[PDB]
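Structure with papaverine present.
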There are 2 protein chains.
Amino acid sequence: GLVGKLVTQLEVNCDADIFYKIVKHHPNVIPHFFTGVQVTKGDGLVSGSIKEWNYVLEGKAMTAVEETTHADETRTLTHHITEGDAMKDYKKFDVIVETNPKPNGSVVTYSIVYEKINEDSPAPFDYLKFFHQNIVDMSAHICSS
Amino acid sequence: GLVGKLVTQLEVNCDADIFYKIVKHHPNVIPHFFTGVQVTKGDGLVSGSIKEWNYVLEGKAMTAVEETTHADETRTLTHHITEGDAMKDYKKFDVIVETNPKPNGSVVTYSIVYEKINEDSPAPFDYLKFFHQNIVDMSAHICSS
Ligand SMILES: COc1ccc(Cc2nccc3cc(OC)c(OC)cc23)cc1OC
Ligand SMILES: COc1ccc(Cc2nccc3cc(OC)c(OC)cc23)cc1OC
């Protein structure tokens, strides 16, 4: 089992497009900072970012290089990791965030698409829980009106 | 975030229908046993089961009552938990296993569909990892020919 995908999906009581705009532009207790740049398309408007993150996951300090892009039409954010501690375990590591209206608020889906270096590599449950708790935190700071 | 779904999806080098038949009818190192019954449809043939499991998850002994059904046409197995330790955290807890051919072997998807009792409940990452490791183990004991 070298290629796979982990997903956390959560219902949120918020219009999909509004929630997407919140996620696209947004905890201090988790140690983290980044340096990097913004990327533009051609009309001079920012379309994404390339960031080098320094962070602490489950007590351990790590770095990652991440390129973020977005698709407003499908309310999708994509984080493509090119370098860093996670690349000791994964040949490929991408995080896709989608927000959609409930067929019925919204459903938010975080998917971690991965390919392991070898069979001794773990699947990224640590990252799934980290992103899940981050999105639960953010969502509990949002309310109607 | 009270209603959600966790997923682990893995690629396997096996025909979908064959892999489904293997999963449908299949580690001793994990402490577990069950008692219970088989369920029939009307032609007298077994269509499912109702089992009371006794097991140890992350060192802790637990019980669960599980009703399993299957859909051969869609290669889907469904495990519906009605009682047990997990129901201290979840109002609803269902595990859905799907096997499909790669649009290209197969893709196996384990989904845990849950509703928490309250916001203090955890999301079932412990169960996701347990089912993931179980399916990785099983799949590493299967080879071509
Ligand atoms: C190795 O995997 C990653 C590691 C760090 C990041 C950085 C990152 N991207 C998006 C949202 C984030 C949100 C975070 O919490 C505020 C955070 O702290 C480490 C990092 C975040 C992304 C990663 O994949 C998207
Ligand atoms: C609380 O959640 C559950 C707890 C136990 C089970 C029992 C079960 N069902 C299917 C496959 C299993 C496979 C297991 O490993 C061999 C196992 O050991 C506890 C239990 C299994 C299912 C559960 O949900 C499907």
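So that the names make sense, note that chain A is the first sequence line, chain B the second, and so on, each numbered from 1. How was it done? The header gives X-ray crystallography, 1.5 Å. All ligand and atom numbering here is 1-based and tracks the order in the structure. Keep in mind that the numbers below use all heavy atoms, side chains included, and drop hydrogens, waters and symmetry copies.
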Problem - Neighbouring chains of papaverine (ligand 2), heavy-atom cut-off 4.0 Å - result: B
Handout entry: Site residues for papaverine (ligand 2), heavy atoms under 4.0 Å
Key = B:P27, B:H32, B:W53, B:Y55, B:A64, B:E66, B:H79, B:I81, B:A86, B:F93, B:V95, B:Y127, B:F130, B:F131, B:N134
Practice task
Give the residue, atom name and distance (to 0.1 Å) of the protein heavy atom nearest atom 2 (O) of papaverine (ligand 2).
Solution key: B:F93 CE2, 3.2 Å
Exercise for the section: Considering the heavy atoms of B:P27, write down every atom of papaverine (ligand 2) situated less than 4.0 Å from one of them. Expected result: 16 (C)
Exercise for the section: Name the closest protein heavy atom to atom 24 (O) of papaverine (ligand 2), giving the residue it belongs to and the distance to 0.1 Å. Expected result: B:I81 CD1, 3.0 Å
Practice task
Could you tell me which atoms of papaverine (ligand 2), counted from 1 in the order shown, lie closer than 4.0 angstrom to a heavy atom of B:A86?
Solution key: 1 (C)
Exercise for the section: Please check if a non-hydrogen protein atom sits closer than 4.0 Å to atom 19 (C) of papaverine (ligand 2). Expected result: yes
Practice task
Give the source organism of chain B as listed in the PDB entry.
Solution key: Papaver somniferum
Problem - Per-atom contacts of papaverine (ligand 2) with B:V95, taking only distances under 4.0 Å to non-hydrogen atoms - result: 24 (O), 25 (C)
Problem - Protein contact to atom 22 (C) of papaverine (ligand 2) [nearest heavy atom, distance to 0.1 Å] - result: B:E66 OE2, 3.5 Å
Problem - atom 14 (C) of papaverine (ligand 2) [closest protein heavy-atom partner, distance rounded to 0.1 Å] - result: B:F130 CZ, 3.7 Å
Handout entry: Shortest protein heavy-atom distance from atom 13 (C) of papaverine (ligand 2), along with the residue and atom involved
Key = B:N134 OD1, 4.0 Å
Exercise for the section: Output the list of atoms in papaverine (ligand 2) that are nearer than 4.0 Å to some heavy atom of B:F131, sorted by atom number. Expected result: 23 (C), 24 (O), 25 (C)
Practice task
May I ask you to check if papaverine (ligand 2) and B:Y55 share an N or O to N or O distance below 3.5 Å?
Solution key: no
Handout entry: B:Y127 N/O under 3.5 Å from papaverine (ligand 2) N/O
Key = no
Close N/O pairs between papaverine (ligand 2) and protein, under 3.5 Å:
residue	atom	partner	partner atom	Å
papaverine (ligand 2)	9 (N)	B:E66	OE2	2.8
papaverine (ligand 2)	15 (O)	B:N134	OD1	3.2

